[PDB]
Asks: 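Provided herewith is a single structure, encoded as structure tokens, for subsequent inquiry.
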Amino acid sequence: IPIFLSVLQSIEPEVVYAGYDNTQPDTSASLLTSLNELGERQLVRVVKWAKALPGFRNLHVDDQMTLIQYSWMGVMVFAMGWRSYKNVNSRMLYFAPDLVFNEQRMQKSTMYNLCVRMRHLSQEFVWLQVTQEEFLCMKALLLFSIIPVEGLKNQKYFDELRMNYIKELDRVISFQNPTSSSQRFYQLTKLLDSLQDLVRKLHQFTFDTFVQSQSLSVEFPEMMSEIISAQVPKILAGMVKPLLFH
Amino acid sequence: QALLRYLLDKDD
Ligand SMILES: CC(=O)[C@H]1CC[C@H]2[C@@H]3CCC4=CC(=O)CC[C@]4(C)[C@H]3CC[C@]12C
């Protein structure tokens with residue numbers, strides 16, 4: 001029987017608005033700047049959520065910092081894919097209720113191909129018929145998806161806590177025959193593994209946009225700037241290890 | 001000190 005389902009339901013963040021003026025003519029600068037402002041305010045809620053995930057605050061605070069710095073992109077992309085599934089049947093990217101990317105905005109963004117990939121992630125939710133309960137378990141697992149090559153300060157406890165949430169995904173799938181449930185577990189964890197390559201490409205584009213912030217007129221708010229500076233160079237340099245299920 | 005550290009240390 002699932003042990004964390006009611007917890008994950010209760011601690012799930014409410015939706016964040018971008019504050020975008022949709023009457024203005026879109027530019028790549030306005031669209032990327034708005035996504036960064038949305039990211040900043042989502043990050044505040046991701047931190048509060050992670051702190052309420054049982055066991056997370058029992059890691060060394062340095063490990064807590066590291067995991068949030070590594071995992072915010074995956075958590076936020078995955079949540080956006082779910083919103084796109086639930087609100088627009090994955091036909092557009094529902095970054096926020098007031099910031100929905102249609103094809104025109106994907107093109108104007110200067111990251112069209114990455115937007116297409118994020119829409120294909122969203123489409124996987126449709127084809128797999130991902131349930132809310134699966135989604136919440138999968139999203140919690142994304143906090144545990146990347147570690148330093150040299151390990152965490154409390155790596156043993158992290159390993160055990162990660163396995164506890166892997167077992168929870170399995171418990172939820174079974175709660176909702178064993179052969180079909182093992183196949184379901186394979187499908188959902190393969191989906192999470194596939195997200196790792198997309199997240200890496202998004203980290204590359206983030207770095208490039210950050211380096212070019214002034215020339216592009218794309219502003220990064222303070223905590224996004226801090227967290228990108230803290231780990232995106234290390235991610236690009238090969239200093240982190242994705243943890244794959246397969 | 002970091003903004004992220006503030007958010008991790010604060011109440012809520
Ligand atoms: C400006 C920029 O470099 C872009 C490249 C990928 C983008 C992110 C892509 C995923 C994403 C989904 C959200 O719902 C919040 C905003 C974020 C977190 C985006 C913020 C802006 C980013 C970082």
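By convention in this document, chain letters (A, B, ...) are assigned in the order of the sequence lines, proteins followed by strands, and residues within each chain are numbered from 1. First listed ligand is number 1; within each ligand, the first listed atom is number 1.
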Asks: Between tiratricol, progesterone, desloratadine, indapamide, bifonazole, which one would you say is at ligand 1?
Replies: progesterone
Asks: Of all chains in the model, which has more heavy-atom pairs under 4.5 Å to progesterone than the rest, named as the PDB entry has it?
Replies: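 Largest number of contacts: Ancestral androgen receptor.
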Asks: Under a 4.0 Å cut-off, which other chains come into heavy-atom contact with progesterone?
Replies: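 By letter, the heavy-atom neighbours are A.
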Asks: Note the single closest protein heavy atom to atom 8 (C) of progesterone, along with its residue, its atom name and the distance in Å.
Replies: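 Result for atom 8 (C) of progesterone: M73(A) SD, 4.0 Å.
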Asks: Does the protein come close to atom 5 (C) of progesterone - that is, does one of its heavy atoms sit below 4.0 Å from that atom?
Replies: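 So atom 5 (C) of progesterone has protein heavy-atom neighbours under 4.0 Å.
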Asks: With atoms numbered from 1 as shown, which atoms in progesterone lie under 4.0 angstrom from a non-hydrogen atom of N36(A)?
Replies: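 This gives 1 (C), 21 (C) as the contact atoms.
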Asks: For atom 17 (C) of progesterone, decide whether some protein heavy-atom distance is shorter than 4.0 Å.
Replies: no
Asks: Please could you name the atoms of progesterone that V77(A) approaches to less than 4.0 Å, counting only its heavy atoms?
Replies: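 It comes down to these atoms of progesterone: 10 (C).
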Asks: Which of the atoms in progesterone, numbered in the order shown and given with their element, are less than 4.0 Å from a heavy-atom of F205(A)?
Replies: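 Every atom of progesterone under 4.0 Å from some heavy atom of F205(A): 3 (O), 5 (C).
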Asks: Give the numbers and elements of all progesterone atoms closer than 4.0 Å to a heavy atom of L35(A).
Replies: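 Selected atoms, number and element: 16 (C), 20 (C), 21 (C).
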Asks: Which organism is chain A attributed to in the entry?
Replies: Escherichia phage EcSzw-2
Asks: Based purely on interatomic distance, does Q42(A) place a nitrogen or oxygen under 3.5 Å from a nitrogen or oxygen of progesterone?
Replies: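 Yes: some nitrogen or oxygen of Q42(A) is under 3.5 Å from one in progesterone.
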Asks: Using a 3.5 Å cut-off on N or O atoms only, is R83(A) in polar contact with progesterone?
Replies: yes
